[PDB]
Asks: 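The following entry includes S-thalidomide; I'd like to go through it with you.
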Amino acid sequence: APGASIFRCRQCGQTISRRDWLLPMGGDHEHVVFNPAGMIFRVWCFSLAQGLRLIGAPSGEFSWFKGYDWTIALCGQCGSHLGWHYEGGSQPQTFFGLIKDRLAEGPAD
Ligand SMILES: O=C1CC[C@H](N2C(=O)c3ccccc3C2=O)C(=O)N1
Ligand SMILES: [Cl-]
Ligand SMILES: [Zn+2]
């Protein structure tokens, strides 16, 4: 009966990822970053996620992760901006950077 197994969208409950899929990029699964508008994000990196909708074509502009291009990842249910999908890089080729405070963590179902 673990209570820290599954990450859901904090706004609607859509299943998004799992603690087991946490990915330590550059030695840490947590990355604190700012965008050009100055917003600060505490981003958790995951190997896999589901329940998202990836919007548009990838861009390398302002990428927080060297060698990766990003696409916006919205909750596929409610449209809440949950983070980004990264692609085009090496080891791994792709991963997800999701905004920790926009997810709710809980037991598996
Ligand atoms: O890796 C990334 C993900 C995208 C993120 N980003 C944003 O959060 C944003 C908002 C508005 C205009 C442009 C951007 C942008 O590049 C950013 O700054 N770096
Ligand atoms: Cl936030
Ligand atoms: Zn949602």
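Heads up, chain A uses the PDB entry numbers, so what you see runs 16-124. The way this entry was determined, per its header, is X-ray crystallography, 1.7 Å. Just so you know, ligand 1 is whichever comes first in the structure, and atom 1 is the first atom listed for that ligand. Values reported hereafter were calculated over all heavy atoms of this structure, with side chains retained and with hydrogens, waters and symmetry mates removed.
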Asks: Quick one: which ligands or chains are S-thalidomide?
Replies: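 The relevant parts are ligand 1.
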Asks: Give the name from the PDB entry for the chain that makes the most contacts with S-thalidomide (ligand 1).
Replies: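 By contact count, the main one is Cereblon isoform 4.
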Asks: Which atoms from S-thalidomide (ligand 1) have a heavy atom of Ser78 less than 4.0 Å away?
Replies: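 This gives 1 (O) as the contact atoms.
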Asks: Distance under 4.0 Å to a non-hydrogen atom of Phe77: what atoms of S-thalidomide (ligand 1) satisfy this?
Replies: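 Under 4.0 Å from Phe77, S-thalidomide (ligand 1) has these atoms: 1 (O), 2 (C), 16 (O), 17 (C), 18 (O), 19 (N).
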Asks: What are the atoms of S-thalidomide (ligand 1), with element, lying closer than 4.0 Å to any heavy atom of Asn50?
Replies: 6 (N), 7 (C), 8 (O), 9 (C), 10 (C), 18 (O)
Asks: Applying a heavy-atom cut-off of 4.0 Å, say which part of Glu76 lies close to S-thalidomide (ligand 1): side chain, backbone, both or neither.
Replies: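 Backbone only.
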Asks: Among the heavy atoms of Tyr101, does any lie under 4.0 Å from an atom of S-thalidomide (ligand 1)?
Replies: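 For S-thalidomide (ligand 1), residue contact (heavy atoms, under 4.0 Å) with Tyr101 is present.
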Asks: Applying a heavy-atom cut-off of 4.0 Å, say which part of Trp85 lies close to S-thalidomide (ligand 1): side chain, backbone, both or neither.
Replies: side chain
Asks: Is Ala52 near S-thalidomide (ligand 1), meaning one of its heavy atoms is under 4.0 Å from it?
Replies: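 No; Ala52 lies far enough from S-thalidomide (ligand 1) that no heavy-atom distance drops under 4.0 Å.
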Asks: Counting only heavy atoms closer than 4.0 Å, does S-thalidomide (ligand 1) sit against the backbone of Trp99, its side chain, both, or neither?
Replies: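 Answer for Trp99: side chain.
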Asks: Which residues make up the contact shell of S-thalidomide (ligand 1) at 4.0 Å, heavy atoms only?
Replies: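 Heavy atoms under 4.0 Å: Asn50, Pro51, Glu76, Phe77, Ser78, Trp79, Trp85, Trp99, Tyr101.
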